[PDB]
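Entry featuring paromomycin.
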Amino acid sequence: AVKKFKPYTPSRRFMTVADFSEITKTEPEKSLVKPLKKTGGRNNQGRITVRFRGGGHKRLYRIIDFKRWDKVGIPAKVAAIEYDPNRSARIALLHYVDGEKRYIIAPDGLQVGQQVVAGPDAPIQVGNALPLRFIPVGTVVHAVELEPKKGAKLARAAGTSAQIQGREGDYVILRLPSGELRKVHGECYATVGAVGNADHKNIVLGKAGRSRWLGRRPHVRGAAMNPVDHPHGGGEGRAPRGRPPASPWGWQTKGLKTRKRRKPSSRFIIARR
Amino acid sequence: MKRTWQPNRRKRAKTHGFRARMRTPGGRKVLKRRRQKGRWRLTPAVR
RNA sequence: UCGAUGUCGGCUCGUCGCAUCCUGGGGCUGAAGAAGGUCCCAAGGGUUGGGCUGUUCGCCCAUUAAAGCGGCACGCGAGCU
RNA sequence: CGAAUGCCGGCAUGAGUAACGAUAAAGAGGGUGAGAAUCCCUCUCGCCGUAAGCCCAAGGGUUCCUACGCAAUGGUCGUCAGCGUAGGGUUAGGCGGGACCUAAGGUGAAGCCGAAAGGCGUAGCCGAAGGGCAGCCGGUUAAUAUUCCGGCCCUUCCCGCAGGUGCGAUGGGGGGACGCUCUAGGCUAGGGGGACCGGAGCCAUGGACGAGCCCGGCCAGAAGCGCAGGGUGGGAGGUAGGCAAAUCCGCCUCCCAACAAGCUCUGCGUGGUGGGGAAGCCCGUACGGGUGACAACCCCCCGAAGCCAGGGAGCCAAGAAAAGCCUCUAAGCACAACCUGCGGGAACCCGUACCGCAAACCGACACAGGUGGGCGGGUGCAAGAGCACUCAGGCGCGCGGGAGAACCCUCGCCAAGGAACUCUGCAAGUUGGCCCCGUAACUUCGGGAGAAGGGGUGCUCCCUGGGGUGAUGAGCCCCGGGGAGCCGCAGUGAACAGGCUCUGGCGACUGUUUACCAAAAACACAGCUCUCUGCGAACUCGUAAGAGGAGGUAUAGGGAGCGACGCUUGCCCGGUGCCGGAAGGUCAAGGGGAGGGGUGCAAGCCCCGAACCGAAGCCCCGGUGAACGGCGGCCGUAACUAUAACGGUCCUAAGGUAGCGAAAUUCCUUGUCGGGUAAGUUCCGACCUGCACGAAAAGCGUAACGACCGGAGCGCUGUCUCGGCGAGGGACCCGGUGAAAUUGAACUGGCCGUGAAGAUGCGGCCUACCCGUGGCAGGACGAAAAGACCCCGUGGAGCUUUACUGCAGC
RNA sequence: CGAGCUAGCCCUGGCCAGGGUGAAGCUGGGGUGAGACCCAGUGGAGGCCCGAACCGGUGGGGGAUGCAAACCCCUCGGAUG
RNA sequence: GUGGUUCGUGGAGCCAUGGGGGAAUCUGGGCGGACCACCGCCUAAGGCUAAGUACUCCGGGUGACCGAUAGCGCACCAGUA
RNA sequence: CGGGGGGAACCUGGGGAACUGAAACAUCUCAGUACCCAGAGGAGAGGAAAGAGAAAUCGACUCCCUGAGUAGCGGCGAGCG
RNA sequence: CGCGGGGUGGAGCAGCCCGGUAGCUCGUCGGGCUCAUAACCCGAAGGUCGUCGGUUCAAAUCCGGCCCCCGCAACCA
RNA sequence: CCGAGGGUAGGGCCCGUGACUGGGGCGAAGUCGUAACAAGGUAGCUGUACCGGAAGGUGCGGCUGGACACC
RNA sequence: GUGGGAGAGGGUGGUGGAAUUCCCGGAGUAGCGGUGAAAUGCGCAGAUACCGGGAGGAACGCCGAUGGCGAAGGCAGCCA
Ligand SMILES: NC[C@@H]1O[C@H](O[C@H]2[C@@H](O)[C@H](O[C@@H]3[C@@H](O)[C@H](N)C[C@H](N)[C@H]3O[C@H]3O[C@H](CO)[C@@H](O)[C@H](O)[C@H]3N)O[C@@H]2CO)[C@H](N)[C@@H](O)[C@@H]1O
Ligand SMILES: [Mg+2]
Ligand SMILES: [Mg+2]
Ligand SMILES: [Mg+2]
Ligand SMILES: [Mg+2]
Ligand SMILES: [Mg+2]
Ligand SMILES: [Mg+2]
Ligand SMILES: [Mg+2]
Ligand SMILES: [Mg+2]
Ligand SMILES: [Mg+2]
Ligand SMILES: [Mg+2]
Ligand SMILES: [Mg+2]
Ligand SMILES: [Mg+2]
Ligand SMILES: [Mg+2]
Ligand SMILES: [Mg+2]
Ligand SMILES: [Mg+2]
Ligand SMILES: [Mg+2]
Ligand SMILES: [Mg+2]
Ligand SMILES: [Mg+2]
Ligand SMILES: [Mg+2]
Ligand SMILES: [Mg+2]
Ligand SMILES: [Mg+2]
Ligand SMILES: [Mg+2]
Ligand SMILES: [Mg+2]
Ligand SMILES: [Mg+2]
Ligand SMILES: [Mg+2]
Ligand SMILES: [Mg+2]
Ligand SMILES: [Mg+2]
Ligand SMILES: [Mg+2]
Ligand SMILES: [Mg+2]
Ligand SMILES: [Mg+2]
Ligand SMILES: [Mg+2]
Ligand SMILES: [Mg+2]
Ligand SMILES: [Mg+2]
Ligand SMILES: [Mg+2]
Ligand SMILES: [Mg+2]
Ligand SMILES: [Mg+2]
Ligand SMILES: [Mg+2]
Ligand SMILES: [Mg+2]
Ligand SMILES: [Mg+2]
Ligand SMILES: [Mg+2]
Ligand SMILES: [Mg+2]
Ligand SMILES: [Mg+2]
Ligand SMILES: [Mg+2]
Ligand SMILES: [Mg+2]
Ligand SMILES: [Mg+2]
Ligand SMILES: [Mg+2]
Ligand SMILES: [Mg+2]
Ligand SMILES: [Mg+2]
Ligand SMILES: [Mg+2]
Ligand SMILES: [Mg+2]
Ligand SMILES: [Mg+2]
Ligand SMILES: [Mg+2]
Ligand SMILES: [Mg+2]
Ligand SMILES: [Mg+2]
Ligand SMILES: [Mg+2]
Ligand SMILES: [Mg+2]
Ligand SMILES: [Mg+2]
Ligand SMILES: [Mg+2]
Ligand SMILES: [Mg+2]
Ligand SMILES: [Mg+2]
Ligand SMILES: [Mg+2]
Ligand SMILES: [Mg+2]
Ligand SMILES: [Mg+2]
Ligand SMILES: [Mg+2]
Ligand SMILES: [Mg+2]
Ligand SMILES: [Mg+2]
Ligand SMILES: [Mg+2]
Ligand SMILES: [Mg+2]
Ligand SMILES: [Mg+2]
Ligand SMILES: [Mg+2]
Ligand SMILES: [Mg+2]
Ligand SMILES: [Mg+2]
Ligand SMILES: [Mg+2]
Ligand SMILES: [Mg+2]
Ligand SMILES: [Mg+2]
Ligand SMILES: [Mg+2]
Ligand SMILES: [Mg+2]
Ligand SMILES: [Mg+2]
Ligand SMILES: [Mg+2]
Ligand SMILES: [Mg+2]
Ligand SMILES: [Mg+2]
Ligand SMILES: [Mg+2]
Ligand SMILES: [Mg+2]
Ligand SMILES: [Mg+2]
Ligand SMILES: [Mg+2]
Ligand SMILES: [Mg+2]
Ligand SMILES: [Mg+2]
Ligand SMILES: [Mg+2]
Ligand SMILES: [Mg+2]
Ligand SMILES: [Mg+2]
Ligand SMILES: [Mg+2]
Ligand SMILES: [Mg+2]
Ligand SMILES: [Mg+2]
Ligand SMILES: [Mg+2]
Ligand SMILES: [Mg+2]
Ligand SMILES: [Mg+2]
Ligand SMILES: [Mg+2]
Ligand SMILES: [Mg+2]
Ligand SMILES: [Mg+2]
Ligand SMILES: [Mg+2]
Ligand SMILES: [Mg+2]
Ligand SMILES: [Mg+2]
Ligand SMILES: [Mg+2]
Ligand SMILES: [Mg+2]
Ligand SMILES: [Mg+2]
Ligand SMILES: [Mg+2]
Ligand SMILES: [Mg+2]
Ligand SMILES: [Mg+2]
Ligand SMILES: [Mg+2]
Ligand SMILES: [Mg+2]
Ligand SMILES: [Mg+2]
Ligand SMILES: [Mg+2]
Ligand SMILES: [Mg+2]
Ligand SMILES: [Mg+2]
Ligand SMILES: [Mg+2]
Ligand SMILES: [Mg+2]
Ligand SMILES: [Mg+2]
Ligand SMILES: [Mg+2]
Ligand SMILES: [Mg+2]
Ligand SMILES: [Mg+2]
Ligand SMILES: [Mg+2]
Ligand SMILES: [Mg+2]
Ligand SMILES: [Mg+2]
Ligand SMILES: [Mg+2]
Ligand SMILES: [Mg+2]
Ligand SMILES: [Mg+2]
Ligand SMILES: [Mg+2]
Ligand SMILES: [Mg+2]
Ligand SMILES: [Mg+2]
Ligand SMILES: [Mg+2]
Ligand SMILES: [Mg+2]
Ligand SMILES: [Mg+2]
Ligand SMILES: [Mg+2]
Ligand SMILES: [Mg+2]
Ligand SMILES: [Mg+2]
Ligand SMILES: [Mg+2]
Ligand SMILES: [Mg+2]
Ligand SMILES: [Mg+2]
Ligand SMILES: [Mg+2]
Ligand SMILES: [Mg+2]
Ligand SMILES: [Mg+2]
Ligand SMILES: [Mg+2]
Ligand SMILES: [Mg+2]
Ligand SMILES: [Mg+2]
Ligand SMILES: [Mg+2]
Ligand SMILES: [Mg+2]
Ligand SMILES: [Mg+2]
Ligand SMILES: [Mg+2]
Ligand SMILES: [Mg+2]
Ligand SMILES: [Mg+2]
Ligand SMILES: [Mg+2]
Ligand SMILES: [Mg+2]
Ligand SMILES: [Mg+2]
Ligand SMILES: [Mg+2]
Ligand SMILES: [Mg+2]
Ligand SMILES: [Mg+2]
Ligand SMILES: [Mg+2]
Ligand SMILES: [Mg+2]
Ligand SMILES: [Mg+2]
Ligand SMILES: [Mg+2]
Ligand SMILES: [Mg+2]
Ligand SMILES: [Mg+2]
Ligand SMILES: [Mg+2]
Ligand SMILES: [Mg+2]
Ligand SMILES: [Mg+2]
Ligand SMILES: [Mg+2]
Ligand SMILES: [Mg+2]
Ligand SMILES: [Mg+2]
Ligand SMILES: [Mg+2]
Ligand SMILES: [Mg+2]
Ligand SMILES: [Mg+2]
Ligand SMILES: [Mg+2]
Ligand SMILES: [Mg+2]
Ligand SMILES: [Mg+2]
Ligand SMILES: [Mg+2]
Ligand SMILES: [Mg+2]
Ligand SMILES: [Mg+2]
Ligand SMILES: [Mg+2]
Ligand SMILES: [Mg+2]
Ligand SMILES: [Mg+2]
Ligand SMILES: [Mg+2]
Ligand SMILES: [Mg+2]
């Protein structure tokens, strides 16, 4: 957990780096599994549609298995634990006995020697995937399918997890990382345990640049613009907002609920406190 | 100091070039106008 | 005078007025002497260096015969700042 | 046509005036020629030399070479030229690019969307300064050369012979295939020295015939070999995966290696031949050509950032694709095919001159500006691409000759004094490199720190330690140490090279910004908090399709404020915004048809049309402060006086807590006191009557940081008392070239008046021969710009909102 | 019709003399019940320091019908991000 | 719900049609300015159709059209420098 | 077998402004104009009544004259027709 | 000067704005409870509404003048 | 050479003094309330934490040096 | 040393039921709460009281003593 640094510079002071002892590889990754990708924050018309993005280190994209159900019953050994620079979490390289090599997002608790499976069969132990209906109430669980066969959308980020609070008919009730209480279909695959690399939240960037390396550009406050530019700005000598605080496009940024009311999804949600 | 003309022979024909004009309706009427007027050169020099 | 008469203060350079700050000449005095008070004549000349402030001004330090008030587009930016 | 700051052209004034475009710098002889400071040669002088030399890419497009020219172009001249006329000149299977690959992007069968034009989109395709791929050294022309030629190597295609083999691809696998910082061992470019090798020639002016002085001592090169490195397991058995099949690949198991041991690839070395080859003298050259010679062609050292190259180590931000390439099987074919080696053949299109930090490119100019890559020698100074001189090479900047005023610019020095200058030490000075001693508050324990403040610095001789390379030796090279002397005003002797301290404000910090008047206390920033978003996410761009978000998933993503860190961030929910509320109230279309009307003989057809049911929204109830925001008044009171812990009452949704406080906020104000100073509207501490601080438009501190803004001291000064002298480029005189704004016309004086109120022009009076040159700026309400301030116009435009009315969005 | 200037991002290359400080880590030693830790050498971190190239544009002077429609001189900021 | 028409919601018919409902074939259906009756007119939901009309790159004829600052931008090697 | 692209102006179709007028300005106007797009051609469009509209009338369409600045339309305004 | 609000028993506030009526809390005075004071309970007193002029039958009330008060404003210059 | 000492520079310690500021001692009869001693009228005390004109109040835990009716 | 003992002695992981609160459903009506007495609050938008489900956190009643253990602070459901 968390390398620190004596302050031989300002900003080497509170700067903080992850603990990579867990990483069993480096300079990988399995060349069979990874293409590349690009963007700018700009979109197919050339237009910035997400602000303050660009720069940052070149990445290769590790292809990664979110359908574990196509291997039902085939076992696999955990081969390696290494670094993915497209996600908060770390990926486990695993060899199947098919001789197929695949990437899994690494649960907290995997040592690399261990066997993992997926399917209704599936001993209930860290690393194994099952359909939710066969997992006993109370299990902490990650990488969940939202609908059956569509891939795992939930609890994928470092340290996240979910809990089975009970079942109703064809569906099971899940407490998400948000605390929202959600029904999910019994046939959705999930793997048991929590994501791990959970100390991720305690890295401390420590200098401006380390934000740029992650591709995050400087973010300027409405407050500091002119009135063409943003609902708050001018007059200056600073100013309070002069108005209920707003986004550049004019909507209100405190309190104002953006989820749409009539989504058929609403029929499956009970929460989010 | 750096002025506004920084000639690049490729850039000139991919921007104002004859094929370039011919691709955009905006651009075809640029040609029609120049032909209708009798320009000697409908489209720039580049070597 | 708006088909433009650049505006405070400083600096440089001055010039003029006298309702005189000093020096010269006077009357009166509640002028013994010395030293002052006040009023008259007189524009020849002279009228310091410095702390503060953009400052003019003003206060202040140290001197002085004295540390004069004004005009010249609040003299002077085709002379400077 | 007389006026429009009219329009077009022509010609004036200014005026022979300013300038002639870097202060690197010129002088003479000879030549050519009608004509020469300017063209050609020689000699002397000066300037560049991590360039002002040389190569490459862009871009330019004949500017290249030579002959004959000088009207113009050339900031003068021109006999010269980048100029005129003409002729000539660019040679590639190997260099660059294409009959190869893929990247962003582009384009796009399929497909999707859009009134039309069109928008999108998987495969494919196109796309390069990336990947792939075979040429090195010399000679030759006036002008091209890895292109022609000489010598020595090499690649593909085609066909044939031999030998080999399950052959075969657009398909499967391997590889290609990668970051940043540090970096080992061995090489090479490159460089330095030699008493050793080769060479014309030299003894000057006191000395020197010398182990003298000056010149040179390499280049390329298949196989073979050697040194150094990269890459790399071998065998079987199973095998369900690698969208078919694989013997390949993956995966499991057993067996031997464990090491480059081998196999293999590249670097360098050497190598058959090949080829260069100075100073000097001589001719004879916009250029170089004989000889030197039959040249020599060797040792030692220094040593890459280049090579071996996928080398190694560490770190986190985690570091392209595809083809060539090899392997695998598929159809298919096995006469084929493929592999290997030898041989003959065949091997296309375009670029190729020249300029290329510039007089040939971008800047209207032969323009002090701008322009990517590579090479960039020697010596000295700690190093170095820094600095001074200098190789090769290239230049003296396309007006000159004088003179030696004011004034200006760039620079040098100054008696005594030393910030007295001034808004302000602005400016300039001081300081200055390296080694050694030494070094405070405070501090986040790193810093502060080059703190401060000092000492050393050259040359000669004596002794002497360690290293590199060689042997462990000399030599050569690097790092020192001690000892005794010498000279000068002075030894980082010239050049490049911090002035320092105390103390405030603001901002944590490095960063960022108004291209071209603002670099900052503004923006950003790690970090804290609120808020939205369950994923076909929210949000954003788009009519849409689609895309970004994100091939992400709440430890994530969007929005907002605050802005490291420390200690903290009070009270109010009445209004407003957001959030929750299944009732109640009102509510549009629609449902409803009480009742009424028009017209018909009537059946009807046709209008209105009450109750009632009926969304969101508003009303209503409530919650919400790191949401918009807001956080009182008058009166009294203590055994001196003052003051008021205390009380009274009026109002509020609530009445400002902590901490700060004449402040980047304090009007009165230069508040009062204290400090500093001889003297302090500034500045520092303090008091609190805070006009009008106050807690994330954050409050109060904070080490470190700052081309920020304020205050003081030391050091030192031409800032100043207060100027002086000197240098150079101008200014002035002469020869050549020769502008510009401006200009109603001029025969253009002072004063006191007058006049539209500031008269050369009118009145009176004074003064005044005609014309210039160098100078100064008081005046022509001097020039420039149809005043930007101010108002006007029912002029215009950016911006705001509970202005009006719309629209997107929801 | 324009991103051949300028602003951002995407793709692919390249550049950054020389010096100065000396983080973690590792090794050894001390310490301890075992540690923390302390010291030494090694090591070579960093929007670290000095300073060329390259990037800037602080202060001042000159220029102002300019060499230049933003320049020149002197000084000065960054210079592995 | 809109457009067209002189018709701007007007008593608003007619022609057209984005949306909902949705017939009949002579006794069928549209129209004559809301609607009703009467009396008339006409036969939608398929198509083609000369000429009389517009215009002038081009050829010709004619000007109380210009005559090189005019007449086209161009009398000339001009959409050129 | 055909299509594609071009053509001065003219024609039809899909779409469609603003200045300006209203002596400000929203309806209105400019205006179905400018423009953009698609398709015709030597012309294009339109054309043989589910028409006019008051006469027991007229007979497809186009163009000119007239009706007529009439009927109307209109912040019953400017104006439109 | 400019605009807005204000002046009422001793203190602090209503009432004015709509003419006839002056009220609330404290305080003061008398009495009670208590050993005594406060607290608490029962009673009471107290004003011409800043001032001057007008309007009306009648003025705290409506109007004007002045006098004080509090508040905002004083910009381009 | 060393050398009294003079000079320049930077530290350390101690005393004095300073606008102002913090509490404290002490001083017959000033103001405000009643915290404590009798369940002192809320048992008291206590470390600590927040708050409040003031004594003090409240939270968490603690000590006894506190505790004849009624459920 | 050997052999035996009692114990809430400490660390770790697990786990059980009672209760409180919150929600969902059921039924049900006019108050509930609270105090010295009240009021604030809660409730006809259906509260309290009653039944069923669920979420979650905390502390462990009886055994329990005037008891045991620990150096002190302290240590109490149950299992390893
Ligand atoms: N020295 C005792 C300490 O001081 C305090 O005591 C101080 C005050 O509280 C106390 O003041 C008292 C006051 O409480 C009491 N109720 C009224 C009394 N008259 C005052 O007394 C004071 O007043 C006068 C001056 O006029 C002096 O003469 C008298 O000595 C003095 N005590 O007098 C002391 C100072 O003189 C506290 N008791 C406490 O902090 C501690 O016990
Ligand atoms: Mg595009
Ligand atoms: Mg960010
Ligand atoms: Mg942030
Ligand atoms: Mg920001
Ligand atoms: Mg701003
Ligand atoms: Mg904009
Ligand atoms: Mg806005
Ligand atoms: Mg604002
Ligand atoms: Mg402000
Ligand atoms: Mg405000
Ligand atoms: Mg130009
Ligand atoms: Mg190019
Ligand atoms: Mg380009
Ligand atoms: Mg032609
Ligand atoms: Mg004027
Ligand atoms: Mg004029
Ligand atoms: Mg006199
Ligand atoms: Mg006298
Ligand atoms: Mg006398
Ligand atoms: Mg005089
Ligand atoms: Mg005088
Ligand atoms: Mg001053
Ligand atoms: Mg004054
Ligand atoms: Mg005046
Ligand atoms: Mg003046
Ligand atoms: Mg001036
Ligand atoms: Mg002046
Ligand atoms: Mg003047
Ligand atoms: Mg006239
Ligand atoms: Mg002249
Ligand atoms: Mg002259
Ligand atoms: Mg001259
Ligand atoms: Mg001759
Ligand atoms: Mg001759
Ligand atoms: Mg001759
Ligand atoms: Mg050199
Ligand atoms: Mg070229
Ligand atoms: Mg000439
Ligand atoms: Mg060849
Ligand atoms: Mg090629
Ligand atoms: Mg090609
Ligand atoms: Mg071919
Ligand atoms: Mg190609
Ligand atoms: Mg290609
Ligand atoms: Mg298609
Ligand atoms: Mg496209
Ligand atoms: Mg391709
Ligand atoms: Mg290429
Ligand atoms: Mg290449
Ligand atoms: Mg090639
Ligand atoms: Mg050659
Ligand atoms: Mg094979
Ligand atoms: Mg591959
Ligand atoms: Mg060599
Ligand atoms: Mg050397
Ligand atoms: Mg001699
Ligand atoms: Mg010589
Ligand atoms: Mg050599
Ligand atoms: Mg060789
Ligand atoms: Mg010979
Ligand atoms: Mg490597
Ligand atoms: Mg391909
Ligand atoms: Mg060539
Ligand atoms: Mg240059
Ligand atoms: Mg270059
Ligand atoms: Mg040249
Ligand atoms: Mg040029
Ligand atoms: Mg020149
Ligand atoms: Mg130039
Ligand atoms: Mg230059
Ligand atoms: Mg350059
Ligand atoms: Mg070099
Ligand atoms: Mg040096
Ligand atoms: Mg140099
Ligand atoms: Mg010159
Ligand atoms: Mg001097
Ligand atoms: Mg001195
Ligand atoms: Mg002074
Ligand atoms: Mg200075
Ligand atoms: Mg310091
Ligand atoms: Mg020093
Ligand atoms: Mg310091
Ligand atoms: Mg010496
Ligand atoms: Mg010497
Ligand atoms: Mg060596
Ligand atoms: Mg010098
Ligand atoms: Mg120096
Ligand atoms: Mg320095
Ligand atoms: Mg300091
Ligand atoms: Mg200050
Ligand atoms: Mg800063
Ligand atoms: Mg920096
Ligand atoms: Mg820095
Ligand atoms: Mg900024
Ligand atoms: Mg600027
Ligand atoms: Mg600037
Ligand atoms: Mg700066
Ligand atoms: Mg949209
Ligand atoms: Mg999407
Ligand atoms: Mg997407
Ligand atoms: Mg994606
Ligand atoms: Mg965010
Ligand atoms: Mg801010
Ligand atoms: Mg707050
Ligand atoms: Mg408070
Ligand atoms: Mg509120
Ligand atoms: Mg509320
Ligand atoms: Mg309702
Ligand atoms: Mg109805
Ligand atoms: Mg009837
Ligand atoms: Mg409603
Ligand atoms: Mg409310
Ligand atoms: Mg104060
Ligand atoms: Mg203030
Ligand atoms: Mg102060
Ligand atoms: Mg503030
Ligand atoms: Mg705030
Ligand atoms: Mg702040
Ligand atoms: Mg502060
Ligand atoms: Mg500070
Ligand atoms: Mg900075
Ligand atoms: Mg700064
Ligand atoms: Mg001087
Ligand atoms: Mg001179
Ligand atoms: Mg003129
Ligand atoms: Mg005359
Ligand atoms: Mg006059
Ligand atoms: Mg003058
Ligand atoms: Mg002059
Ligand atoms: Mg003048
Ligand atoms: Mg003027
Ligand atoms: Mg004007
Ligand atoms: Mg302006
Ligand atoms: Mg108006
Ligand atoms: Mg207007
Ligand atoms: Mg660009
Ligand atoms: Mg660019
Ligand atoms: Mg170093
Ligand atoms: Mg370093
Ligand atoms: Mg740095
Ligand atoms: Mg640095
Ligand atoms: Mg720095
Ligand atoms: Mg630096
Ligand atoms: Mg500058
Ligand atoms: Mg970078
Ligand atoms: Mg209409
Ligand atoms: Mg209409
Ligand atoms: Mg109608
Ligand atoms: Mg009808
Ligand atoms: Mg019918
Ligand atoms: Mg009909
Ligand atoms: Mg009809
Ligand atoms: Mg009718
Ligand atoms: Mg009809
Ligand atoms: Mg037709
Ligand atoms: Mg004709
Ligand atoms: Mg004629
Ligand atoms: Mg003409
Ligand atoms: Mg003529
Ligand atoms: Mg013409
Ligand atoms: Mg056509
Ligand atoms: Mg149409
Ligand atoms: Mg109008
Ligand atoms: Mg008008
Ligand atoms: Mg208007
Ligand atoms: Mg119209
Ligand atoms: Mg149309
Ligand atoms: Mg026709
Ligand atoms: Mg037709
Ligand atoms: Mg037709
Ligand atoms: Mg119309
Ligand atoms: Mg009365
Ligand atoms: Mg204003
Ligand atoms: Mg001594
Ligand atoms: Mg001493
Ligand atoms: Mg108590
Ligand atoms: Mg008590
Ligand atoms: Mg008590
Ligand atoms: Mg008590
Ligand atoms: Mg007690
Ligand atoms: Mg309390
Ligand atoms: Mg015991």
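Each chain gets a letter, A, B and so on, in the order the sequences are listed, and its residues count up from 1. In what follows, every heavy atom counts, from backbone to side chain, and hydrogens, waters and symmetry copies are set aside. Start at 1 and go down the list; that is how both ligands and their atoms are numbered. Displayed portion only: the contact tally does not extend beyond what is shown.
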What is the full set of ligands or chains that belong to paromomycin?
ligand 1
Largest contact partner of paromomycin (ligand 1) (naming from the PDB entry):
16S rRNA
Provide the letters of the other chains having heavy-atom distances to paromomycin (ligand 1) under 4.0 Å.
I
State which residues lie within 4.0 Å of paromomycin (ligand 1), judged on heavy atoms.
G25(I), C26(I), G27(I), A28(I), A29(I), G30(I), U31(I)
